[PDB]
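Caption: seladelpar together with Peroxisome proliferator-activated receptor alpha, bound form.
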Amino acid sequence: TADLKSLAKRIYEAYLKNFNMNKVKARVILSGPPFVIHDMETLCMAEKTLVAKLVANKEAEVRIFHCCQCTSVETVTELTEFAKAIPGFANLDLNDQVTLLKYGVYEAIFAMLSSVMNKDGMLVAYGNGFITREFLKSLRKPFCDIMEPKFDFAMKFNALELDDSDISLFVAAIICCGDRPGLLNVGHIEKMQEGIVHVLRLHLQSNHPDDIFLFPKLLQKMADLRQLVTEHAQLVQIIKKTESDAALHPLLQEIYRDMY
Ligand SMILES: CCO[C@H](COc1ccc(C(F)(F)F)cc1)CSc1ccc(OCC(=O)O)c(C)c1
């Protein structure tokens, strides 16, 4: 359908406009310049070059965690502007918009994070760094436990070989969940959701004719992400309570407040 075909395009264009990183841009960088962070020496070098103000000191693990949070805060802003392209989102009650973004952002973050991840590491700092998976595993607990579950999800997610046209709709569908707690107008949100999911189903059928189960596979990935986010918040809570030097950005505190 032209109406749905153009809706898919609208979403895709809002995704390209509002997110600094996309899969094509990430694969260009990852093909072959990003500074490689593989040990403590290269981490400290990268900090002096890419986040100089940060180290003009606390444990490396705490500094890394603060850099992680800065990326989240930035992606929240990107996701908030992206949400406007979703038919009906800007028409929802202002409180429902906040609730949908509150519960959706981290699911969206980890879904999109897969695009800059491969089995050896991930792009960081607006594509200018590459931190290795093994270095992250080498951090002292509990900080070494943060990223490995995200790599596990990303390797299987990337095996699906989605492109940005698919991912834009997937992220839209994540935001349009009518079963988020505290929604005022569930019925309108469900209809909004049904509309995005309908476009996603048709788009996957056209864009991925070789994989007839791709749509149900992504439905399951949405459930997987919800559990990934729940477990992530639990680890974040442990760090907040037991790491006196690891403070949470207030915007991210509110997102976690009364989540899981
Ligand atoms: C390490 C994984 O983090 C990536 C960026 O981390 C950086 C590490 C080092 C540097 C620097 F280049 F400055 F050294 C930059 C980013 C961003 S992805 C991310 C996003 C959110 C995360 O959880 C924090 C949160 O709940 O908001 C975590 C643990 C990771």
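For chain A, we keep the numbers from the PDB entry: what you see runs 200-231, 237-260, 265-468, in order. Order of listing sets the numbers, starting from 1, for every ligand and every atom in it. We read in the header that X-ray crystallography, 2.0 Å was used to get this structure. Values reported hereafter were calculated over all heavy atoms of this structure, with side chains retained and with hydrogens, waters and symmetry mates removed.
Around seladelpar (ligand 1), within 4.0 Å by heavy-atom distance, are found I241, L247, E251, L254, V255, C275, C276, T279, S280, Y314, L321, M330, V332, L344, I354, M355, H440, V444, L460, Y464. In this structure, atom 13 (F) of seladelpar (ligand 1) lies nearest to the protein heavy atom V255 CG2, 3.4 Å. Every atom of seladelpar (ligand 1) is numbered from 1 in the order shown, and the set under 4.0 Å from a heavy atom of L460 is 27 (O). Interface atoms of seladelpar (ligand 1) facing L247, defined by a heavy-atom separation under 4.0 Å, are 14 (F). Note: chain A touches seladelpar (ligand 1) mostly through UniProt domain NR LBD. Distance from atom 21 (C) of seladelpar (ligand 1) to its nearest protein heavy atom, with residue and atom name: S280 OG, 3.1 Å. Filtering the residues that UniProt lists as binding indeglitazar in chain A by heavy-atom distance under 4.0 Å from seladelpar (ligand 1) yields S280, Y314, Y464.
Among the atoms of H440, some N or O lies under 3.5 angstrom from an N or O of seladelpar (ligand 1). Listed by atom number, the atoms of seladelpar (ligand 1) under 4.0 Å from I241 heavy atoms are 12 (F), 14 (F).
With hydrogens left out, the protein atom closest to atom 1 (C) of seladelpar (ligand 1) is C276 SG, 3.7 Å, a heavy atom. The shortest N/O to N/O separation between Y314 and seladelpar (ligand 1) falls below 3.5 Å. The protein atom (non-hydrogen) at minimum distance from atom 29 (C) of seladelpar (ligand 1) is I354 CG2, 3.1 Å. Less than 4.0 angstrom separates some heavy atom of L321 from each of these atoms of seladelpar (ligand 1): 18 (S).
Atom numbering of seladelpar (ligand 1) starts at 1 in the shown order; those under 4.0 Å from a heavy atom of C275 are 7 (C), 13 (F), 15 (C), 16 (C).
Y464 OH, 2.5 Å is the protein heavy atom nearest to atom 26 (O) of seladelpar (ligand 1). What sits closest to atom 5 (C) of seladelpar (ligand 1) on the protein, heavy atoms only, is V332 CG1, 3.6 Å. For seladelpar (ligand 1), none of its N or O atoms has an N or O atom of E251 under 3.5 Å away.
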Do any nitrogen or oxygen atoms of seladelpar (ligand 1) lie under 3.5 Å from a protein nitrogen or oxygen, and which ones?
| unit_1 | atom_1 | unit_2 | atom_2 | d |
| --- | --- | --- | --- | --- |
| seladelpar (ligand 1) | 23 (O) | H440 | NE2 | 3.1 |
| seladelpar (ligand 1) | 26 (O) | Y314 | OH | 3.2 |
| seladelpar (ligand 1) | 26 (O) | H440 | NE2 | 2.9 |
| seladelpar (ligand 1) | 26 (O) | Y464 | OH | 2.5 |
| seladelpar (ligand 1) | 27 (O) | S280 | OG | 2.6 |
| seladelpar (ligand 1) | 27 (O) | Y314 | OH | 2.6 |

